[PDB]
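Structure showing palazestrant engaged by Estrogen receptor.
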Amino acid sequence: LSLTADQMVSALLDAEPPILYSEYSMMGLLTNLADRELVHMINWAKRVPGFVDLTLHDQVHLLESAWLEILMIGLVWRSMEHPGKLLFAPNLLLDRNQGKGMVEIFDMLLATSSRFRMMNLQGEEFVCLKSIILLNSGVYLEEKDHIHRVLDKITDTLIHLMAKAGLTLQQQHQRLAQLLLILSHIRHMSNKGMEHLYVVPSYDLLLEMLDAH
Amino acid sequence: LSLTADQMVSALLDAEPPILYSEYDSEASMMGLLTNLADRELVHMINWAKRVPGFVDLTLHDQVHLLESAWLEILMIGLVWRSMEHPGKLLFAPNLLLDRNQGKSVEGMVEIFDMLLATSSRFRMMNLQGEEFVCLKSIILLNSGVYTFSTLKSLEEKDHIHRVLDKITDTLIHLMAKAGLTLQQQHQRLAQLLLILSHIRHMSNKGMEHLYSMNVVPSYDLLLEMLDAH
Ligand SMILES: CCCN1CC(Oc2ccc([C@@H]3c4[nH]c5ccccc5c4C[C@@H](C)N3CC(C)(C)F)cc2)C1
Ligand SMILES: CCCN1CC(Oc2ccc([C@@H]3c4[nH]c5ccccc5c4C[C@@H](C)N3CC(C)(C)F)cc2)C1
């Protein structure tokens, strides 16, 4: 929390999870791949500055509410350079008709990817967005206060990055807004995803992955 | 887009729909009252939407689609705003003030009440201002459905929508600056405010999911007919 903006970025970049491969019907592959990415997400979350300062109870709650959103923005980020296609894994690249109630979700994921592409979303930016999702998704006294301080710190970092890129102050606030409004759509996709399922990772499973002290 | 920030706020403040009342004269009545109230607010919402800058510049079908996507979000943020200075209560109408336990009377309603009450609590501890609220409501209208529209006309709509969003963002920053916030505090509050929209989306989806467990959404032509004036 005392880290500089530059230290925050580098920490988050270093904390980035690996790209996994699909173990190989299509629903089993997407399920299995999601299950394996979950473990690496948990270990990513532990390295997000300020996260392990929360109680384990609250860490689990945040992960319970954020896990699908984080899977999805990750999917969308690496699918950027592959228009009309979703790169779940290097050996699992699917289009919208391979989705044929998954096509609607595929479509939404595809639109979000094109949005990122259009915005020319940078790696240093995406990684901040992912941290914000983790901390923001489940927050609805000392703990909520801490979460909001970390969120504020990431906001600073995002603004710093845009300043470094040479964007004017007006462009900074405008780009910040565009990025955060995208999180609304990711939230929506996660909701529909959870709906199209009804499954979820239990409290105990997440707590186990967290590998307590 | 020629509007200044001051002119943006003014237009949004004038576009504000009226505060409506529940009928004048029971837990078995609750859902009926909440449904009747929602239907009546919908009418004023369409009029409000038309007076949001840039909205009527859009095609009628894109206008319908934005409202199909955002109508429950808009209802809810209005409710949350009305309830801000009434801790533990949801002010659906000045004569319809409900709490948690009254929500219990309907299956799965207490969870939605809790989320709405928590959002009201968030607005409270942020000391959300009226000028900020109408900006946030406008953003919901323009942003919620824009990612679920490739035709050339549609590409032009999206660019227009994103440019109006940019302007509302400029308006939000302006308001926070006049209030005397530092630059750092301005971006920080802008972020905090926009993050709440994620949760409002969340609530709309949970609530939409309730409704299908029991006319539940406005039909295309219903919204069309109200939007498609002569
Ligand atoms: C027991 C632990 C919980 N796991 C069961 C498993 O349930 C899922 C089943 C399918 C999906 C897919 C999926 N898989 C991914 C792998 C890497 C990155 C993105 C994804 C997604 C997003 C999306 C296609 N998911 C389908 C869904 C949930 C209906 F939207 C996500 C979760 C998560
Ligand atoms: C054209 C058909 C669509 N209308 C039928 C009507 O269905 C509803 C029935 C109940 C609700 C309530 C409700 N009512 C309000 C009145 C003014 C402002 C806010 C509200 C809300 C939010 C919330 C409590 N709604 C319940 C629910 C299930 C979450 F949608 C929302 C919609 C909307």
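The chains are labelled alphabetically, A first, in the order the sequence lines are listed. The PDB entry numbering applies to chain A: residues 308-331, 341-416, 420-459, 469-526, 533-547, in that order. Just so it is clear, chain B uses the PDB entry numbers, and the residues here are 308-332, 338-461, 464-528, 532-547, in order. Just so you know, these numbers use all the heavy atoms, side chains as well, and skip hydrogens, waters and symmetry mates. Both ligands and their constituent atoms are indexed starting at 1 by order of listing.
Other chains within a heavy-atom distance below 4.0 Å of palazestrant (ligand 1) are, by letter, A.
Each of the atoms 1 (C), 2 (C), 3 (C), 4 (N), 5 (C), 6 (C), 33 (C) of palazestrant (ligand 1) lies under 4.0 Å from some heavy atom of A/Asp351. Taking every heavy atom of A/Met388 and a limit of under 4.0 angstrom, the matching atoms of palazestrant (ligand 1) come to 30 (F).
Neither the backbone nor the side chain of A/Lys520 has any atom closer than 4.0 Å to an atom of palazestrant (ligand 1) (non-hydrogen atoms only). Counting atoms of palazestrant (ligand 1) from 1 in the listed order, those under 4.0 Å from a heavy atom of A/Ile424 are 29 (C), 30 (F). The source organism of chain A, per the PDB record, is Homo sapiens. Any N or O atom pair closer than 3.5 Å counts here, and A/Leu539 shares no such pair with palazestrant (ligand 1). In this structure, chain A contacts palazestrant (ligand 1) chiefly via UniProt domain NR LBD. Every atom of palazestrant (ligand 1) with a heavy atom of A/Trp383 under 4.0 Å away is listed here by number and element: 32 (C), 33 (C). Residue contact annotation: A/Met343 has a non-hydrogen atom under 4.0 Å from palazestrant (ligand 1). Using a 4.0 Å heavy-atom cutoff, A/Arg394 is listed among the residues neighbouring palazestrant (ligand 1). For palazestrant (ligand 1), the heavy-atom contacts closer than 4.0 Å come from A/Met343, A/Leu346, A/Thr347, A/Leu349, A/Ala350, A/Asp351, A/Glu353, A/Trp383, A/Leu387, A/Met388, A/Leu391, A/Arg394, A/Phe404, A/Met421, A/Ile424, A/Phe425, A/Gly521, A/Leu525, A/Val533, A/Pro535.
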